[PDB]
Q: 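I'm sharing a structure that contains rilpivirine.
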Amino acid sequence: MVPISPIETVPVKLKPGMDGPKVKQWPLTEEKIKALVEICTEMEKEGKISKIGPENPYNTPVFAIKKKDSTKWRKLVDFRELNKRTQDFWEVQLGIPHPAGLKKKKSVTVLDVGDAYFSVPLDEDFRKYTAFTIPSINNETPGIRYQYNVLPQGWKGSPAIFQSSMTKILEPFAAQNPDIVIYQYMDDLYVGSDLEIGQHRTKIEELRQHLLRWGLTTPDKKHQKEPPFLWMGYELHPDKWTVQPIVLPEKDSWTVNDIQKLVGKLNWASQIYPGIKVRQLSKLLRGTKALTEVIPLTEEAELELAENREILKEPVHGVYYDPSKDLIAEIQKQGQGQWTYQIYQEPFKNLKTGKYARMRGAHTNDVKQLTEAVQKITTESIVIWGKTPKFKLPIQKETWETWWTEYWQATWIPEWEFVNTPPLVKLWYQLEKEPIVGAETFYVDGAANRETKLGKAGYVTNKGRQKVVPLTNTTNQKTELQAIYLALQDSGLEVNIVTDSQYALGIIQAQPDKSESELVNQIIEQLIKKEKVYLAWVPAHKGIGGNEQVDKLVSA
Amino acid sequence: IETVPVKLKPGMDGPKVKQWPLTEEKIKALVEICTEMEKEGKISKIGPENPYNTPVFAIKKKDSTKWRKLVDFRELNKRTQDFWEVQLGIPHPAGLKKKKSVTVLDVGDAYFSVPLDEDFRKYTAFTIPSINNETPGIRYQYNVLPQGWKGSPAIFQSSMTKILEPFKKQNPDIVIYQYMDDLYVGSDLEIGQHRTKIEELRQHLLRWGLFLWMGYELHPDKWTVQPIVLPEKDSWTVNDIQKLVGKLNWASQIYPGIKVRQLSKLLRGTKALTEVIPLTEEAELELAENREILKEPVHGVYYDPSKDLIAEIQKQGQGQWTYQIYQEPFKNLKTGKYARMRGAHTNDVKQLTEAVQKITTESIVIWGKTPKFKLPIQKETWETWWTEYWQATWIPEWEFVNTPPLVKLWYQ
Ligand SMILES: Cc1cc(/C=C/C#N)cc(C)c1Nc1ccnc(Nc2ccc(C#N)cc2)n1
Ligand SMILES: Cc1c(CO)cnn1-c1ccc(F)cc1
Ligand SMILES: Cc1c(CO)cnn1-c1ccc(F)cc1
Ligand SMILES: [Mg+2]
């Protein structure tokens, strides 16, 4: 006997106040019972389960599932109830590596750890909660009672405990062999390196020797698995990666469910294929959510789909990360609140691509969206590469400078350079800091009846220009904007506007270039045509000249 | 030896808080720091049976080549029981803000000498993430009192009093205040002499068996405030008067007797914004009466220790920021303005982060607690960048303002 190191058990508890499962065993056909008896007899010989006395109060139901085509049964213990009562664990399998952050490897070998997969010991005090019963034939004897000595498949704690146990075993090997990488997925270990293939093979044997210390055997006959690997929806190759094949179906009719799966495919593709756009296709899913409902595609959605098909015409691959080189991120504006980006090190070789969509809100502008896109790419890049890429942005340095210095919020974007690739992001209007000498002054106001929704909007000016428009289906807030629109419409290229509307000021001070409100949009269109606009606020009803006058006119 | 029993609040489980993304250089710094801490027995590796997490990062202090580990215990602190245990409470010294020099020392390293209660340790769990999650995150928990945890100064307090006993007796005029990992030491002495006493205090701690060498020099006696002031002009445009009336209207919420009637009647008729309006007698008197009102403090302003402090900040442009600290609206406990530089001439977010830290410091000195901030920034912008500029060992609460305040005008 060669002494082996025991794998240390993880102490496990039920959630506070909760007891273990007690769940009736379903009746089973005599056929299924005999198969379970045989299966458990073998499992018991291997030390995986043990027969227990009558004193154990707990139970979890056991099933016999027939493999398709097979004459051979499989045992299924349904742990759903125990899992509800089991404590939460630290789950390390969240945070999957992104292929774009991986490093190129000369060789990647796969080892089968399945022997260990079913061999990790379960905490002795917790074992009783895993009790199950094979029903006796004819119900004429007590059922055969077992409990698990090892991590049960399907139990809540098995994946985390297996991963942590394997990690602890592998740790000294990884640490003392910096020239390889080791990754654990299910019952396989993947080992890559840049070593000469002989040396690489040596490291593999050494790893096999190291695992033997715990008595974990890796099969002599080695793995069928080779690069390329199909993993988590990707294809990993030694020098490149991509997403698994993306094929968009042909249809004369589309439903909620199909458009959902279409967008999901497009979203997945967008991390490699540049320029993917989901806006119009996503819009078809607005509200609704009756899954089998057939939605007519808009012309816009058809156009977007056709554009995506062309992008997806032939395979595209990303390269891996070279830590000795800068990361560059480039962004383009696609329209309709859509942004797209590429991250690369060498020109014309992308590590990855991606997209960003405008957040839903009443009002927005291109500069804010660009800023948001930058912060998203930054965060993603910290996750994947641990550093911020240098940005190439379709906005001039002078434009950015004017924006951030005058914007009411603190705002920042990290090191970046202008790339001239239309459409460029620009400031469509900027309001004056001081009243304009020689420009006509418009005092505006509006008011609406809360019940009838009847209202008025208008202005009076220092030149005696005046207007009041009667309105229907309007609100006080809307009339305040309506009045500002009239002042813009009727004035020359330079204008001073005085309003009492905090609402209107709040919107305009937010500097939107686009809005869900048609009124705000037409106001923006007017602002764009002016040379100079000064907007002044005064409090309402204070006796302020020209504000008093127009307030009276519009109050009916 | 003999840990103080610690528990969470009734009905509360431990913090589970996601670790945010860390740069390569921060991960590397944390790996080195934690390797040593583990060797010194301060922290221990933990298993999967510990679900809890608190975020960690690292900062580089002003004038230092070395990283400092910073755990963000904000969630754990909310969930931890308050401490009445031996001590009823520390009445906050009111004289601290009256000293001519207050030096801030990082004393947090002393906490590591006290073992943490065995059953509470799991709640201190934290993770060092790996780049691109290529290797499992390194999981630790504290075996001793962690820096940044509110229970630490509470539990260490008996030891600290003992350590500082000969210094207090030798120096009765010195005001020493402890907040989290910071020790605030005031004096009215000449600064060279002040600095000597500080180093004198340092040795007391050092000889006890030890970032202590540092100090942060404040002068709270010179801290100013921003009363409401009105322009003094020889000629007023229509625009000037409208701004004045607007400002006074706003002020009249804060102050009882403000009147705009006579000033507003200067605006009679509809006039060009740039036209100069001479002031009438009635308007001039009214303006004078308003000026006098504004030289008095605000009525019914009082600090309530049972209520949160709220801090609002406005960006005034050209590296200028104004702020107000209050409990109830329009009753300001403090107002202020920073024309302060500290680099960041091209970076708004660095400036804001520095402002947040300076305001929090002021709040600690004056009331002995941190304010909840209302920050004029988008959440995503703040969260992406703030940890790059953070130099403090504590962190305050914050929320985000997405609608431009009209009142920015009048603190300007
Ligand atoms: C995450 C990961 C998944 C698999 C495999 C998962 C599966 N199935 C295999 C390995 C070795 C790793 N870990 C790492 C770590 C650093 N660089 C790399 N680069 C790298 C990995 C695979 C190929 C290939 N072919 C090329 C380069 N892999
Ligand atoms: C989400 C967050 C916080 C939480 O306030 C602090 N830093 N971060 C963060 C850190 C790195 C990033 F890239 C993006 C965000
Ligand atoms: C131009 C517009 C919209 C759409 O832009 C909504 N209301 N109004 C409007 C209608 C009449 C007005 F006098 C002023 C504004
Ligand atoms: Mg009105």
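By convention in this document, chain letters (A, B, ...) are assigned in the order of the sequence lines, proteins followed by strands, and residues within each chain are numbered from 1. Both ligands and their constituent atoms are indexed starting at 1 by order of listing. Side-chain atoms are counted along with the backbone in the values below, which use heavy atoms only and exclude waters and symmetry mates.
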Q: What parts of this PDB structure belong to rilpivirine?
A: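 The answer, copies included, is ligand 1.
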Q: According to the PDB entry, what is the name of the macromolecule sharing the most 4.5 Å contacts with rilpivirine (ligand 1)?
A: Exoribonuclease H, p66 RT
Q: Other chains near rilpivirine (ligand 1) with a heavy-atom separation under 4.0 Å: which ones?
A: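 Other chains in heavy-atom contact: A, B.
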Q: Quick one: nearest non-hydrogen protein atom to atom 24 (C) of rilpivirine (ligand 1), plus distance?
A: A:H237 O, 3.2 Å
Q: For chain B, what name does the entry give?
A: Gag-Pol polyprotein
Q: Considering only the protein, which heavy-atom contact is closest to atom 21 (C) of rilpivirine (ligand 1), and what is its distance?
A: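 Here the closest protein heavy atom is A:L102 CD1, 4.1 Å.
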Q: Would A:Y190 count as a polar contact of rilpivirine (ligand 1), with the cut-off being nitrogen or oxygen pairs under 3.5 Å?
A: yes
Q: Heavy atom under 4.0 Å from rilpivirine (ligand 1): found in A:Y320's side chain, backbone, both, or neither?
A: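 Side chain only.
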Q: I need the nearest protein heavy-atom contact for atom 22 (C) of rilpivirine (ligand 1): residue, atom name and distance, please.
A: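 Checking every protein heavy atom, the shortest distance to atom 22 (C) of rilpivirine (ligand 1) gives A:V108 CG2, 4.0 Å.
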Q: Any other ligand or ion under 4.0 Å from rilpivirine (ligand 1)?
A: none
Q: Any idea which protein heavy atom is nearest atom 15 (C) of rilpivirine (ligand 1), and the distance to it?
A: B:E134 OE1, 3.8 Å
Q: Under 3.5 Å, N or O to N or O, is A:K103 touching rilpivirine (ligand 1) that way?
A: yes
Q: Going by the atom numbers of rilpivirine (ligand 1), which of them fall below 4.0 Å from some non-hydrogen atom of A:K105?
A: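 Selected atoms, number and element: 17 (N), 19 (N), 20 (C), 27 (C).
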Q: Of the protein's non-hydrogen atoms, which lies at the shortest distance from atom 10 (C) of rilpivirine (ligand 1), and what is that distance?
A: A:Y183 CB, 3.6 Å
Q: Which residues count as the binding site of rilpivirine (ligand 1) under a heavy-atom cut-off of 4.0 Å?
A: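 Within 4.0 Å on heavy atoms: A:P97, A:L102, A:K103, A:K105, A:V108, A:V181, A:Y183, A:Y190, A:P227, A:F229, A:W231, A:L236, A:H237, A:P238, A:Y320, B:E134.
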